[PDB]
Amino acid sequence: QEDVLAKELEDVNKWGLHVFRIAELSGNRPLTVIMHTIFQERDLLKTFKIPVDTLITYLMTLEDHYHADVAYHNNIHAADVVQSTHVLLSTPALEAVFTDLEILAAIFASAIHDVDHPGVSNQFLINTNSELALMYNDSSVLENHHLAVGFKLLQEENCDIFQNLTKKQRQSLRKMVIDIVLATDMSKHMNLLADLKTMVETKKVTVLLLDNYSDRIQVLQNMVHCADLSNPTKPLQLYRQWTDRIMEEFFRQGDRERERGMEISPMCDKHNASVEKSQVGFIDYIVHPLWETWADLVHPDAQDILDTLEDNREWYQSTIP
Ligand SMILES: COc1cc(-c2ccc(=O)[nH]n2)ccc1OC(F)F
Ligand SMILES: [Mg+2]
Ligand SMILES: [Zn+2]
């Protein structure tokens, strides 16, 4: 079983990694094994003097804080976003652009980005006067919580993977990680995309040139956002599983809403839903606009990813008539 897991992990640098198989083969530790593999591949343990034992302890702790009974926002999704970010960071157009600390920040942010997700939306939490919404004043409720949990877990015994970073490095990494995870809130999507489009329109090359923090962090924010919304760009067998899972989560939220006498949220009513129309809409209005813009920024590095997205959109559309 360990040999088969090692075999599947050889594809860690590729789009379309068999993440569900890795989840099974690793004994439900996809986040831990994919993160460890990526840290080894990028030589991050040596660069930042992270003891291996500390890395594994933190990762297992973090993974334990993803809910086992949430169909989508679980440890498999976190592992998938981590691995997808790892591939996007390796894009030829961004070679030598980011510092090791920025790379570490983007990967760590991806790992913690949905930790302790309850399987319901920010709007549900706000509408139900939840403890989370009250704590966070209805603003990026989940995303603020994911950050707080991800950082708080570093304080557990033998969990501080940044123990050997300088104070300045820790301060910088913390700010970057916060900026990245807060950008995964879908309420920020339109502004994030508008800014990415502006970057493509004012693009300078030499490989991409990004001289200041605002531009670098903006690219990392959009990169992790793309990774988060990467399901429709993956091979169809993976994409369909992700669709099954998000719909299960949405339907369970709708069941909760119906029990409370609330109006059922879009796509959450199992009795009045069109899974296929919803995916075509998701791609047409959100995923394709974002990915086409990313592809333009790194043209032509992401052409195969964009082609897959377009093929998958056509497939889902073809099932409707
Ligand atoms: C896989 O499709 C979807 C995925 C998400 C999704 C992506 C990342 C994330 O963290 N949460 N939700 C949200 C909606 C989706 O589908 C559509 F119906 F809107
Ligand atoms: Mg999220
Ligand atoms: Zn996510």
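We number chain A the same way the PDB entry does; the residues here are 88-293, 297-411, in that order. Atoms considered below: every heavy atom in the structure, side chains included; atoms not considered: hydrogens, waters and symmetry mates. One-based numbering, in listed order, for ligands and for the atoms of each. Looking at the header, which is where the method is noted, we find X-ray crystallography, 1.5 Å.
- Here the macromolecule with the greatest number of atom pairs within 4.5 Å of ligand 1 is listed in UniProt as 3',5'-cyclic-AMP phosphodiesterase 4D.
- Given metoprine, ribavirin, streptozotocin, zardaverine, cycloguanil, the drug or candidate at ligand 1 is zardaverine.
- Summary of contacts: the protein heavy atom closest to atom 1 (C) of zardaverine (ligand 1) is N321 OD1, 3.5 Å.
- In summary, the atoms of zardaverine (ligand 1) found under 4.0 Å from a heavy atom of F340, numbered by their order in the structure, are 14 (C).
- Intersecting the UniProt 3',5'-cyclic AMP-binding annotation for chain A with heavy-atom proximity to zardaverine (ligand 1) (under 4.0 Å) gives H160, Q369, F372.
- Atom 12 (N) of zardaverine (ligand 1) has its closest protein heavy atom at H160 NE2, 3.4 Å.
- The side chain of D201, and not its backbone, has at least one atom closer than 4.0 Å to an atom of zardaverine (ligand 1) (non-hydrogen atoms only; side chain from C-beta on).
- UniProt assigns most of the residues of chain A contacting zardaverine (ligand 1) to the domain PDEase.
- Inside a radius of 4.0 Å around zardaverine (ligand 1), the other ligands and ions present are ligand 2 (magnesium ion), ligand 3 (zinc ion).
- Note on zardaverine (ligand 1): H164 sits in its first shell, one or more heavy atoms being nearer than 4.0 Å.
- Closest to atom 7 (C) of zardaverine (ligand 1) among all protein heavy atoms lies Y159 OH, 3.2 Å.
- Of the residues UniProt lists as binding Mn(2+) in chain A, a heavy atom under 4.0 Å from zardaverine (ligand 1) is found for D201.
- Not a single heavy atom of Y329 sits less than 4.0 Å from an atom of zardaverine (ligand 1).
- With a 4.0 Å heavy-atom cut-off, zardaverine (ligand 1) is reached by the side chain of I336 but not by its N, CA, C or O.
- Residue contacts with zardaverine (ligand 1) for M357 involve side-chain atoms from C-beta outward but no N, CA, C or O (heavy atoms, distance under 4.0 Å).
- When hydrogens are left out, the protein atom nearest atom 3 (C) of zardaverine (ligand 1) is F372 CE2, 3.4 Å; that is the closest non-hydrogen contact.
- For chain A, the UniProt active-site residue nearest to zardaverine (ligand 1), measured heavy atom to heavy atom and given to 1 Å, is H160, 3 Å.
- For atom 16 (O) of zardaverine (ligand 1), the nearest protein heavy atom (residue, atom name, distance) is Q369 NE2, 2.9 Å.
- The residue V168 has no part lying near zardaverine (ligand 1), judged by heavy-atom distances below 4.0 Å.
- Interface of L319 with zardaverine (ligand 1), defined as ligand atoms under 4.0 Å from a residue heavy atom, comprises 7 (C).
- Lab note: binding site of zardaverine (ligand 1), heavy atoms under 4.0 Å, is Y159, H160, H164, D201, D318, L319, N321, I336, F340, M357, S368, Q369, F372.
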